[PDB]
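Depicted below, (11R,12S)-mefloquine in association with Purine nucleoside phosphorylase.
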Number of protein chains: 6
Amino acid sequence: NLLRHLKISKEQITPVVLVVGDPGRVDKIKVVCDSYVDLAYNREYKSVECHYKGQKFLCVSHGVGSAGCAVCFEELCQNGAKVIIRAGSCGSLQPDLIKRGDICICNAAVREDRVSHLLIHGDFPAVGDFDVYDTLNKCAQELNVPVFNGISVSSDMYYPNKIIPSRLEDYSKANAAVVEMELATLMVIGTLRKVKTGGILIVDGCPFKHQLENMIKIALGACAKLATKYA
Amino acid sequence: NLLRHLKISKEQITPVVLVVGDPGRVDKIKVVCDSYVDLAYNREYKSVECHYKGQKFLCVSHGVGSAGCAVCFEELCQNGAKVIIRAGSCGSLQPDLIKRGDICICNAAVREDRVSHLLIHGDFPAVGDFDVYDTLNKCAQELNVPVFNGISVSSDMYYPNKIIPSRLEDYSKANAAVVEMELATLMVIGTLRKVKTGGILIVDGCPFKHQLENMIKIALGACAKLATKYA
Amino acid sequence: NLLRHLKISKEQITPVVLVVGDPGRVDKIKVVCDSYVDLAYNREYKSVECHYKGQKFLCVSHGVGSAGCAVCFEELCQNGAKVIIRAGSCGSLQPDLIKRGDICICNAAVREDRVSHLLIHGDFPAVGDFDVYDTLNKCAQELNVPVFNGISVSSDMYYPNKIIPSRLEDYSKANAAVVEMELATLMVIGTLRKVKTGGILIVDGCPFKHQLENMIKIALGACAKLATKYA
Amino acid sequence: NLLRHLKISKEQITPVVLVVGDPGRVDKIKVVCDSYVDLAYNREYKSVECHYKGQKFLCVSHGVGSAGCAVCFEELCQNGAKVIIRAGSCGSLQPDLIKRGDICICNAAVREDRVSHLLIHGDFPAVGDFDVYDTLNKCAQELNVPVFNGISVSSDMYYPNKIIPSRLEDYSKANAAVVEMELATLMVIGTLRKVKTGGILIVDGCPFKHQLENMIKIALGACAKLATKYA
Amino acid sequence: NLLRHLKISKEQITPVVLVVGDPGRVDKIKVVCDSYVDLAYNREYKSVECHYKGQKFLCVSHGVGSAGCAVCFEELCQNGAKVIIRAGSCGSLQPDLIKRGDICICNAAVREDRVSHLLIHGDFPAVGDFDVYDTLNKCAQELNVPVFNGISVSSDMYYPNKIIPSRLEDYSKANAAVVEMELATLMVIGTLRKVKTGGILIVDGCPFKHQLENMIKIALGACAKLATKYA
Amino acid sequence: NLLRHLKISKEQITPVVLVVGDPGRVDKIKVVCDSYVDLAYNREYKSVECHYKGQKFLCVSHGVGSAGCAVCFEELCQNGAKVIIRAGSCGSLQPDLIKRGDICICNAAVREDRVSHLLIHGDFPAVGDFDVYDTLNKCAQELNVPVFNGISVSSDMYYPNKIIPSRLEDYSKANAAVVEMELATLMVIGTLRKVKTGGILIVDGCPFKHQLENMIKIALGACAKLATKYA
Ligand SMILES: O[C@H](c1cc(C(F)(F)F)nc2c(C(F)(F)F)cccc12)[C@@H]1CCCCN1
Ligand SMILES: O[C@H](c1cc(C(F)(F)F)nc2c(C(F)(F)F)cccc12)[C@@H]1CCCCN1
Ligand SMILES: O[C@H](c1cc(C(F)(F)F)nc2c(C(F)(F)F)cccc12)[C@@H]1CCCCN1
Ligand SMILES: O[C@H](c1cc(C(F)(F)F)nc2c(C(F)(F)F)cccc12)[C@@H]1CCCCN1
Ligand SMILES: O[C@H](c1cc(C(F)(F)F)nc2c(C(F)(F)F)cccc12)[C@@H]1CCCCN1
Ligand SMILES: O[C@H](c1cc(C(F)(F)F)nc2c(C(F)(F)F)cccc12)[C@@H]1CCCCN1
């Protein structure tokens with residue numbers, strides 16, 4: 001009784017799941033835990049059980065882009081996952097303030113996908129669980145890692161054309177901090193299925209004009225903290 | 001140099017502002033503080049300086065509905081206000097779980113207004129500041145008052161007709177907790193102007209099928225806590 | 001058996017109602033009638049029975065903005081009101097032609113609200129009753145007061161930002177005369193509930209780059225004329 | 001220097017124009033005037049100069065549907081026409097009240113076209129000139145012909161399918177009286193170009209479940225009345 | 001048992017129909033066939049039975065614009081027509097490449113109408129039948145007539161205003177070749193009713209900055225080829 | 001000078017590219033060619049040079065979903081690819097007619113993504129190149145493999161919820177044949193960048209109520225045929 005795309009079973013699903021885009025990132029994360037168990041690898045979806053600080057939680061890759069990741073997240077959320085934290089990279093939308101390697105823990109997101117709109121009307125917020133956000137922030141503080149907080153623009157467009165103007169500049173003026181491609185989708189799906197979500201991101205560019213290791217530490221720390229509550 | 005609709009001046013604006021819909025509610029709130037100073041009353045917008053736990057903060061009425069309240073909130077946000085907490089009433093969207101007199105502290109809202117859409121594209125979240133939410137929650141806990149947390153549906157429609165179906169049932173299924181008329185507007189305006197916002201509401205009905213005093217205590221407590229940081 | 005927000009009863013509702021935004025305006029209007037009876041004051045909604053030229057009609061304040069005023073107008077329309085005329089202020093959209101203190105009697109309006117869209121699809125016109133418009137015009141003429149006629153832009157945005165362009169310039173080029181915030185809402189609600197509506201406005205600004213007394217006279221005149229038909 | 005589709009020249013354009021859909025209707029109208037002059041016939045656009053009650057005005061066919069008629073109306077409005085009255089047939093949207101052969105003089109219309117939306121944002125009303133409406137009504141009264149007044153639903157769909165529900169039932173509940181295909185387009189174009197418009201229609205069906213001659217008389221009467229003002 | 005607007009009967013409908021906008025074009029086409037039979041002329045809809053290369057097919061005029069032509073096309077498609085090819089004129093959207101008199105055979109179209117949107121959601125393509133396109137192309141080649149291939153922008157706006165920008169420039173950059181007013185409507189209706197459609201157009205202008213006879217030959221050739229299959 | 005996500009270089013890009021969703025599918029395809037060269041594997045994007053019938057063309061995996069695949073397709077289209085054919089699986093939208101294992105070669109698609117809408121207005125068709133479609137069809141015929149032809153619904157939603165109705169039933173009634181998740185995106189991107197595209201799909205389910213090998217043969221055959229033209 002395996003999940004259709006993750007090819008893992010319901011019993012293999014822990015309460016806390018760390019998600020990342022790249023299956024290769026799962027491999028670099030697992031070796032930084034105390035131990036791990038490889039579970040499956042199907043398409044872009046790679047699943048490993050991570051063991052860290054006496055706690056147990058999966059790390060799963062979701063692929064690039066909202067529709068791809070919705071299949072991952074739906075399979076998790078409908079099969080016992082209670083907390084999903086996305087860790088990844090992003091573009092800065094405030095290049096004067098937030099620079100290469102800076103880390104942003106996000107509370108909400110702009111819904112520039114389609115799938116969330118196929119699930120619920122556009123007016124509904126893409127918003128993470130406060131507790132997951134508080135936990136992520138507290139782990140950062142404990143490790144003395146400075147971080148930013150803010151809204152991420154989640155967009156299905158990576159390569160713009162020159163016909164329809166990009167809204168990234170509008171959202172920068174609206175004080176959105178960063179840009180990526182899956183957080184909003186995660187948050188809407190999460191909310192609809194009673195799954196607590198959050199997101200922590202490392203800036204690796206700007207669309208306009210050691211830190212990684214720390215980001216990962218923060219994310220694994222938050223997962224261990226959250227996991228403790230369900231064990 | 002008075003504000004056009006609030007008829008108060010920039011110097012009279014404290015860092016923290018409590019907002020409520022009804023000017024009569026301002027009067028019932030002020031007398032529960034240690035002392036107060038009546039500042040102005042113009043149209044539906046009543047402003048009083050509240051004194052509570054050694055702290056100083058305004059209580060301002062915003063009127064019914066999103067466009068009316070946007071004029072209030074814009075005048076505050078553009079003239080020195082740093083934290084705005086809305087306190088009011090709402091309908092329950094989960095009548096089995098959340099009942100008459102229950103109190104909900106909200107993290108985000110559904111944007112069923114127009115004014116927010118005239119300010120920023122629909123995909124952008126209506127989301128409150130986490131710190132304001134954490135503060136509100138902590139005051140509740142300190143007073144041993146149980147509370148719910150969740151998304152509020154902010155709608156410009158109070159009296160439905162029978163032509164266009166209401167989305168309230170959709171949003172209830174999407175796990176939105178409550179319904180009111182101004183929170184989303186507050187949150188978008190707040191975000192756009194770098195003003196930290198939040199909302200605490202008391203259930204007084206359902207669109208489908210002592211506690212007040214406690215709500216007010218929580219709200220005044222959070223305002224005093226937040227105010228301390230800027231004095 | 002009181003109306004929920006107006007706090008008046010069905011029997012207190014006359015066939016003709018004059019509506020204005022500001023409760024203070026009700027007070028300045030009532031004293032210009034032959035006599036009056038104060039009925040209620042709840043939130044921003046102030047109701048007074050006006051007596052003028054042997055006729056009987058209410059003057060009710062509706063607050064600022066479309067959602068707020070929809071609660072007022074729905075309570076009136078569902079409880080026996082047959083004719084509602086809004087009197088108020090507006091911005092000029094044709095500053096070369098229509099200046100400070102000029103009076104505009106409006107036949108239709110731009111629906112830049114939300115509530116009307118929650119009632120009926122966007123394609124439907126916001127249009128006043130011709131008879132109410134003809135009456136308003138005829139009273140103006142009788143008093144030898146010059147007036148303009150045209151479409152009003154009804155917008156939920158008073159304070160623009162600099163992200164999303166305002167449509168006010170588009171509508172000025174489309175030959176819309178004035179701008180305000182509630183007429184469209186009135187007209188749609190009116191049409192949906194078989195209530196005859198209209199609007200007369202005095203210019204008090206421009207968003208781009210004695211007369212009051214006369215406006216009020218015109219409005220009270222039209223109300224007396226219309227009221228005569230139902231008594 | 002002929003108009004591109006009407007194949008008439010600017011000098012041949014009178015201040016008042018009667019428009020109808022069918023070129024054959026122009027022929028049946030012209031012979032009921034005192035005299036006439038055939039001007040042109042190109043595609044569906046037939047133009048004749050009508051002479052009636054000592055007055056001079058064109059009767060022009062506009063074809064079926066909004067985009068077709070917009071070319072007619074734009075050529076008229078940009079080349080000296082001041083008043084355009086559409087006369088035609090329609091479906092009843094209130095079959096209990098308004099029956100086969102009843103005549104409706106319309107004040108406004110539902111914009112279920114595209115071309116008007118390519119000219120101006122959806123929120124803007126399709127509304128006729130009050131004076132043209134008053135004139136049409138007064139001619140009816142003079143001839144003792146009973147008439148209805150109301151909003152027409154102007155739709156680009158004549159033959160519905162069974163996938164997307166028709167809004168005709170919604171608009172019937174919204175108290176729209178009749179349905180046709182060009183009035184809204186006329187009214188928007190009219191408003192944008194400072195041309196006074198109106199519409200008088202005879203019911204010839206229902207989408208749900210002697211009089212002609214009188215309609216035509218009313219229309220020719222109104223044209224003669226309006227024309228007198230510019231001669 | 002006549003069709004309501006075409007005024008022909010079901011038995012008079014051939015499997016292949018050539019459609020054109022102008023009823024006068026039907027007259028110039030019929031005389032180029034081997035023989036013909038005039039069937040009807042009602043409003044802008046002129047129907048003639050064409051006889052060419054031993055084959056039998058109608059030529060029908062559809063009028064200007066999408067809503068008008070939808071009535072024509074629906075009456076054909078619901079009454080036995082299997083193949084509809086539109087032949088007409090268009091504007092070039094690539095003036096450097098495609099010039100006056102050049103001929104474009106179109107595979108798909110931009111849906112800038114309303115009626116198609118009243119039939120099926122905007123996301124659905126306006127696309128012709130490949131076989132009809134292949135046939136049209138092969139007839140061109142047989143007659144050694146050079147042709148272009150591409151998407152046509154079908155727009156309900158002929159005369160732009162200066163408020164809402166035209167999308168024609170956007171679609172030119174998107175590599176749309178030509179512009180006209182009815183192809184998209186034909187293609188959607190065709191697809192919905194299982195009718196095979198296509199379009200061949202001759203450039204006669206640009207919105208920016210012998211060949212006819214050949215176009216007609218190509219169109220009559222394709223109709224004869226297609227007709228052979230059903231006889 | 002490697003492509004950012006494909007991690008191949010411009011010189012490694014052939015004129016014809018076969019694309020598939022699953023990187024594992026690339027592996028099963030390559031071994032069926034005469035020979036191959038593994039080029040790269042980064043994230044879900046696996047690239048191999050295929051050698052077949054004396055011809056040279058890449059096979060590249062694009063991942064699940066529209067936004068993910070747009071990064072793949074944009075990198076190809078902007079770096080020398082002239083023909084992209086997608087081969088994959090789909091759901092049947094006509095379960096009576098089109099069954100498990102049946103193969104559909106698609107001419108156009110429904111744009112239920114977001115990224116295409118961020119590139120060009122919704123009215124623009126998602127349509128493949130006719131020549132690629134003709135080639136695919138001819139290879140099928142040569143191998144005596146029966147196939148269907150039609151429109152695919154491309155949707156970003158795989159797992160529906162029960163709040164917002166799925167349009168799949170609407171599109172089935174509109175005669176769309178199949179459903180998948182990337183074809184529309186491919187086709188729009190293709191059209192915008194002057195890249196010829198197409199799609200061949202094998203039915204493996206229905207959302208309502210040997211053949212593989214043949215599909216692959218057809219796809220490799222079409223790629224070899226198309227490649228011959230550029231070598
Ligand atoms: O989402 C991450 C990301 C996205 C985008 C955006 F969507 F705006 F173009 N920009 C990114 C940037 C950018 F340079 F800011 F543009 C840097 C790092 C990651 C980015 C990447 C997207 C490609 C796949 C990996 N995630
Ligand atoms: O926003 C509060 C409120 C709104 C609405 C809604 F918008 F859904 F109809 N319902 C409320 C309810 C309701 F009964 F749940 F419907 C109770 C108490 C306050 C409500 C009120 C609205 C009227 C003015 C005072 N705030
Ligand atoms: O609706 C009236 C009004 C509105 C607006 C608009 F919505 F465009 F900004 N502009 C007004 C102006 C303006 F100056 F034209 F902008 C003058 C007087 C009244 C105005 C005011 C709005 C604030 C509350 C009282 N009614
Ligand atoms: O606009 C007139 C008309 C339209 C429509 C509608 F658009 F709803 F289907 N219904 C009509 C009806 C109808 F029967 F009510 F449906 C009767 C007479 C004229 C009608 C006709 C439409 C066909 C061309 C002549 N005008
Ligand atoms: O559709 C044909 C057409 C349309 C348009 C457009 F819709 F863009 F304005 N432009 C055309 C042009 C134009 F000059 F390119 F603008 C030339 C020839 C026919 C055109 C004409 C439209 C008027 C009625 C006859 N078909
Ligand atoms: O796009 C293919 C596909 C999609 C969908 C849809 F989007 F409707 F749900 N349904 C599919 C079906 C379905 F069973 F018809 F629902 C079968 C096989 C592939 C399908 C799959 C989607 C998951 C990732 C692989 N492609």
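Sequence lines set the chain letters: A, B, ... in the order given, protein chains first and strands last, and positions in each chain run from 1. In listed order, ligands and their atoms are each counted from 1. Determination method: X-ray crystallography, 2.3 Å.
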What other chains contribute a heavy atom less than 4.0 Å from an atom of (11R,12S)-mefloquine (ligand 3)?
-> B, C
Closest protein heavy atom to atom 6 (C) of (11R,12S)-mefloquine (ligand 3), given as residue, atom name and distance to 0.1 Å | C:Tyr158 CD1, 3.8 Å
Enumerate the atoms of (11R,12S)-mefloquine (ligand 3) whose separation from the nearest heavy atom of C:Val64 is less than 4.0 angstrom.
-> 24 (C)
Has B:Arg43 got any heavy atom lying under 4.0 angstrom from an atom of (11R,12S)-mefloquine (ligand 3)?
-> yes
Check each of C:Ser154, C:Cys206, C:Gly91 against atom 14 (F) of (11R,12S)-mefloquine (ligand 3) and report the one with the nearest heavy atom.
-> C:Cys206
When you measure from atom 18 (C) of (11R,12S)-mefloquine (ligand 3) to every protein heavy atom, which one gives the shortest distance, and what is it?
-> C:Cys90 O, 3.4 Å
Protein contact to atom 2 (C) of (11R,12S)-mefloquine (ligand 3) [nearest heavy atom, distance to 0.1 Å] | C:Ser89 O, 3.9 Å
Under a 4.0 Å heavy-atom limit, does B:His5 contact (11R,12S)-mefloquine (ligand 3) with its side chain, its backbone, both, or neither?
-> side chain
Is C:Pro207 in contact with (11R,12S)-mefloquine (ligand 3), taking contact as a heavy-atom separation below 4.0 Å?
-> yes
For chain C, which organism does the PDB list?
-> Plasmodium falciparum
Which UniProt active-site residue of chain C is in closest heavy-atom proximity to (11R,12S)-mefloquine (ligand 3), and what distance, to 1 Å, separates them?
-> C:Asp204, 4 Å
Examine (11R,12S)-mefloquine (ligand 3) and decide if any of its atoms is less than 4.0 Å from a heavy atom belonging to C:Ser155.
-> no
For (11R,12S)-mefloquine (ligand 3), which atoms, with element, lie under 4.0 Å from some heavy atom of C:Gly205?
-> 13 (C), 14 (F), 15 (F), 17 (C)
Report, in ascending order of atom number, the atoms of (11R,12S)-mefloquine (ligand 3) lying under 4.0 Å from any heavy atom of C:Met181.
-> 1 (O), 7 (F), 22 (C)
Any other ligand or ion under 4.0 Å from (11R,12S)-mefloquine (ligand 3)?
-> none
UniProt phosphate binders in chain C under 4.0 Å from (11R,12S)-mefloquine (ligand 3), heavy atoms | C:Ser89
Filter the residues UniProt lists as binding purine D-ribonucleoside in chain C to those having a heavy atom under 4.0 Å from (11R,12S)-mefloquine (ligand 3).
-> C:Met181
Give the residue list for (11R,12S)-mefloquine (ligand 3), heavy-atom cut-off 4.0 Å.
-> B:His5, B:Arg43, C:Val64, C:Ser89, C:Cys90, C:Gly91, C:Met157, C:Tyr158, C:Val179, C:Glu180, C:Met181, C:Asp204, C:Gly205, C:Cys206, C:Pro207
